[PDB]
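Positions are given from 1 along the sequence. Indexing begins at 1, ligand by ligand and atom by atom, following the structure's order. So this one's X-ray crystallography, 1.7 Å, going by the header. The analysis underlying the following values was restricted to heavy atoms, covering all of them including side chains, and did not include hydrogens, waters or symmetry mates.
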Amino acid sequence: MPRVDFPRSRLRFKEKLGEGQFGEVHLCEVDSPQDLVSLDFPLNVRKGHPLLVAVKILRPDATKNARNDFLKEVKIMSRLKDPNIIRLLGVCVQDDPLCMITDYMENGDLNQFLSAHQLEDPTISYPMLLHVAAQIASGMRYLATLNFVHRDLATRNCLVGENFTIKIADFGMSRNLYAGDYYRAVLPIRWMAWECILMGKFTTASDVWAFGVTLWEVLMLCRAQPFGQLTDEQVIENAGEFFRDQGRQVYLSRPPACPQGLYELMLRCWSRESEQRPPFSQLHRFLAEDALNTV
Ligand SMILES: Cc1ccc(NC(=O)c2ccc(CN3CCN(C)CC3)cc2)cc1Nc1nccc(-c2cccnc2)n1
């Protein structure tokens, strides 16, 4: 827990960014942020330009369980300090409504960003795609070593900062744009390892599987939904085929930009056995070294 609340009186409402069962996320401008610049709030103020933040707000009539989960997220976010994980800027928890505040990325989520680019034969290069993926692996290494499981890794849950910096986040199913990526609890089945779908087992190994699918998205420049040839019920059936291990399971195809070795990395992320999936330390090393060294 942060020692002092961010002053709610400085948050100027701009836009509603999303909603869920227990609250909303708003885009706010911080009024006169130079007044707040301190050790507690080391805000990056650009004179002449508004300071924008995302604010997650718990409904004041939230249940006890909803409130506890919100405070659990506060506690988790207060620990996360890595260049490739979204940073908590402040909280409002002394009074209702409870709030968490992070930076707002004008470049949007990584899906939005890659969707707006084309592959260099605006453009983005294959080496930059590897850098994006390496950053995600590095953030995931950090999370896993702190004994967190993400459970919803995908390009839609990564934010694009300045100079191609990628921040892993977790927004939940709070945005209409990605409703088709979730199956009705509400689950991102196309990113989920077979054991998640069949047994509800979520682990770092299943985060690795999701990382494989996220890497696939990146190399596809977010042009195709994973398993777009399959209905939701068929995706669940595909998980059964991984369980069966009789060679009928469908794997995502190799993207045109993806060399065979990188594709085989992805296939290893989709190993039937968790213990055969590469750790994030290895995924990062492969992307930052092996793949980048073989352009
Ligand atoms: C305002 C806020 C409050 C909380 C969070 N929280 C997280 O992003 C997050 C990240 C990692 C974890 C780790 N956790 C481990 C356990 N498992 C099960 C889940 C994940 C938890 C929360 C983000 C935000 N930021 C946010 N939220 C929604 C939209 C945007 C946003 C949208 C567009 C551009 N810029 C920002 N930004």
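Of the listed nalfurafine, ixabepilone, fostamatinib, imatinib, temsavir, the one present at ligand 1 is imatinib.
In this PDB structure, UniProt names the chief binding partner of imatinib (ligand 1) as Epithelial discoidin domain-containing receptor 1. By chain and number, the binding site of imatinib (ligand 1) (heavy atoms under 4.0 Å) reads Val25, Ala54, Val55, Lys56, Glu73, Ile76, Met77, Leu80, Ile86, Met100, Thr102, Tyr104, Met105, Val149, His150, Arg151, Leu159, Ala169, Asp170, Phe171.
Considering backbone and side-chain N/O atoms, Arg175 never comes within less than 3.5 Å of an N/O atom of imatinib (ligand 1). Remark: imatinib (ligand 1) and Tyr104 share no N or O pair separated by less than 3.5 Å (distance only, no angle test).
On the PDB entry, the origin listed for chain A is Homo sapiens. Looking at the UniProt active-site residues in chain A, the one nearest to imatinib (ligand 1) by heavy-atom distance, rounded to 1 Å, is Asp152, 6 Å. Taking every non-hydrogen atom of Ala169 and a distance limit under 4.0 Å, the qualifying atoms of imatinib (ligand 1) come out as 8 (O), 10 (C). Considering backbone and side-chain N/O atoms, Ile101 never comes within less than 3.5 Å of an N/O atom of imatinib (ligand 1). For a threshold of 3.5 Å applied to N or O pairs, the pair formed by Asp170 and imatinib (ligand 1) contains at least one separation below that value.
Taking a cut-off of under 4.0 Å to the non-hydrogen atoms of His150, the atoms of imatinib (ligand 1) that pass are 17 (N), 18 (C), 19 (C), 20 (C). Within imatinib (ligand 1), counting atoms from 1 as listed, the ones closer than 4.0 Å to a heavy atom of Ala54 are 1 (C), 26 (C), 30 (C), 37 (N).
Most residues of chain A touching imatinib (ligand 1) map to the UniProt domain Protein kinase. Annotation for imatinib (ligand 1): atoms under 4.0 Å from non-hydrogen atoms of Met77 are 6 (N), 7 (C), 9 (C), 10 (C), 22 (C). Atoms of imatinib (ligand 1) lying under 4.0 Å from at least one heavy atom of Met100, given by number and element, are 1 (C), 3 (C). For imatinib (ligand 1), the polar-atom distance check against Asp103 finds no nitrogen or oxygen pair separated by under 3.5 Å.
When only interatomic distances are considered, the shortest N/O to N/O separation between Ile86 and imatinib (ligand 1) does not fall below 3.5 Å.
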